[PDB]
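In what follows, a single structure is set out as structure tokens and then discussed.
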Amino acid sequence: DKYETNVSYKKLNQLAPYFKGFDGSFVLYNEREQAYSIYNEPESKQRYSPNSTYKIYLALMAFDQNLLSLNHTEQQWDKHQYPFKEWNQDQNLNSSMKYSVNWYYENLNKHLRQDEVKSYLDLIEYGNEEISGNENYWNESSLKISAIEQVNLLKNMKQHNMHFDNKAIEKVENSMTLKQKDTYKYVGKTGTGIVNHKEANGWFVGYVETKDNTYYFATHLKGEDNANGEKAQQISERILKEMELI
Ligand SMILES: *C(=O)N1C[C@H](NOS(=O)(=O)O)CC[C@H]1C(N)=O
């Protein structure tokens, strides 16, 4: 249920107003200073379903297993009518990440042996590593990860500490790039979990890369409703702008 760590951190308790209406957390890791800053340390260690934020690592596993190639990420739509018309069309990695196209990533998972998935989640230390709850174990099911762990995995990915190809990481980074200026690249991914027909679990995770540093972040929202990726991203952008990072 909870990630155990004793790392020191700077308290960010005056970020509380941004989380009106939610039990929330914000985690920041400053790469140059090797330093964490956290709002709501108890929630930062609580593990929650990753929902669409898991697509990052399904993409990487798929490259590593050669289901996807640096120049070959297209998948054909099978004509199932989804309620989101963005999903009702052929996709590549960039479009599937942008439009958070579940079937693209479900197909990837279907062609990964679940024993291989367990091995990957062990190696990258993906939260509770529990994938037995449902075929789509990352969607409001058994697999859960905390906000600090989301930051840790992004930093391990970008710092080339995972056993994934650097060019595959670049492709996944590109697929989640939200803004690129001369002074910074802003990368991130939303997620939303539905419980009792309400938005009860919102994520936004990513990083800002500047010309001299990288700032990794994760925002989590818990609530009875309205806790979704869009709101988690809005709060994140308010915080990051106050930090003068974007
Ligand atoms: C990912 O969490 N999902 C797929 C899609 N988009 O969500 S996102 O924009 O927050 O990434 C719909 C919601 C959600 C899901 N439960 O499948």
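Chain A is numbered as in the PDB entry, which gives 340-585 for the residues shown. Each ligand, and each atom within it, is numbered from 1 in the order the structure gives.
- Of all chains here, the one making more contacts with ligand 1 than any other appears in UniProt as Methicillin resistance mecR1 protein.
- The drug candidate or drug found at ligand 1 is named avibactam (bound form).
- The binding site of avibactam (bound form, ligand 1), defined by non-hydrogen atoms within 4.0 Å, is formed by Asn390, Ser391, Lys394, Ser439, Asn441, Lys528, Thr529, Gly530, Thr531.
- In terms of polar-atom proximity, defined here as any N/O pair under 3.5 Å, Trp426 makes no such contact with avibactam (bound form, ligand 1).
- In summary, the atoms of avibactam (bound form, ligand 1) found under 4.0 Å from a heavy atom of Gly530, numbered by their order in the structure, are 2 (O), 10 (O), 11 (O).
- In this structure the covalent anchor for avibactam (bound form, ligand 1) is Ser391 OG.
- Here is the list of avibactam (bound form, ligand 1) atoms found below 4.0 Å of a heavy atom in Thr529: 8 (S), 9 (O), 10 (O), 11 (O).
- Within avibactam (bound form, ligand 1), the atoms closer than 4.0 Å to a non-hydrogen atom of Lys394 are 4 (C), numbered from 1 in the order shown.
- Counting atoms of avibactam (bound form, ligand 1) from 1 in the listed order, those under 4.0 Å from a heavy atom of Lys528 are 11 (O).
- Source organism (PDB entry) for chain A: Staphylococcus aureus.
- Put simply, atom 12 (C) of avibactam (bound form, ligand 1) has no protein non-hydrogen atoms near it, under 4.0 Å away.
- If you check which protein heavy atom lies closest to atom 14 (C) of avibactam (bound form, ligand 1), you get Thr531 O, 3.2 Å.
- Counting the atoms of avibactam (bound form, ligand 1) from 1 in the order shown, those under 4.0 Å from a heavy atom of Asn390 are 2 (O).
- Of all protein heavy atoms, the one closest to atom 17 (O) of avibactam (bound form, ligand 1) is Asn441 ND2, 3.0 Å.
- With respect to atom 2 (O) of avibactam (bound form, ligand 1), the closest heavy atom belonging to the protein is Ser391 OG, 2.3 Å.
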Provide, line by line, the atom pairs where avibactam (bound form, ligand 1) and the protein bring an N/O atom each to a distance under 3.5 Å; else say none.
residue: avibactam (bound form, ligand 1); atom: 2 (O); partner: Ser391; partner atom: N; Å: 2.7
residue: avibactam (bound form, ligand 1); atom: 2 (O); partner: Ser391; partner atom: OG; Å: 2.3
residue: avibactam (bound form, ligand 1); atom: 2 (O); partner: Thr531; partner atom: N; Å: 2.9
residue: avibactam (bound form, ligand 1); atom: 2 (O); partner: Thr531; partner atom: O; Å: 3.3
residue: avibactam (bound form, ligand 1); atom: 3 (N); partner: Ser391; partner atom: OG; Å: 2.3
residue: avibactam (bound form, ligand 1); atom: 9 (O); partner: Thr529; partner atom: OG1; Å: 3.3
residue: avibactam (bound form, ligand 1); atom: 10 (O); partner: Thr531; partner atom: N; Å: 3.3
residue: avibactam (bound form, ligand 1); atom: 10 (O); partner: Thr531; partner atom: OG1; Å: 2.9
residue: avibactam (bound form, ligand 1); atom: 11 (O); partner: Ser391; partner atom: OG; Å: 3.4
residue: avibactam (bound form, ligand 1); atom: 11 (O); partner: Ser439; partner atom: OG; Å: 3.2
residue: avibactam (bound form, ligand 1); atom: 11 (O); partner: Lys528; partner atom: NZ; Å: 3.1
residue: avibactam (bound form, ligand 1); atom: 11 (O); partner: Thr529; partner atom: O; Å: 3.0
residue: avibactam (bound form, ligand 1); atom: 11 (O); partner: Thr529; partner atom: OG1; Å: 3.1
residue: avibactam (bound form, ligand 1); atom: 16 (N); partner: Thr531; partner atom: O; Å: 2.9
residue: avibactam (bound form, ligand 1); atom: 17 (O); partner: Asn441; partner atom: ND2; Å: 3.0

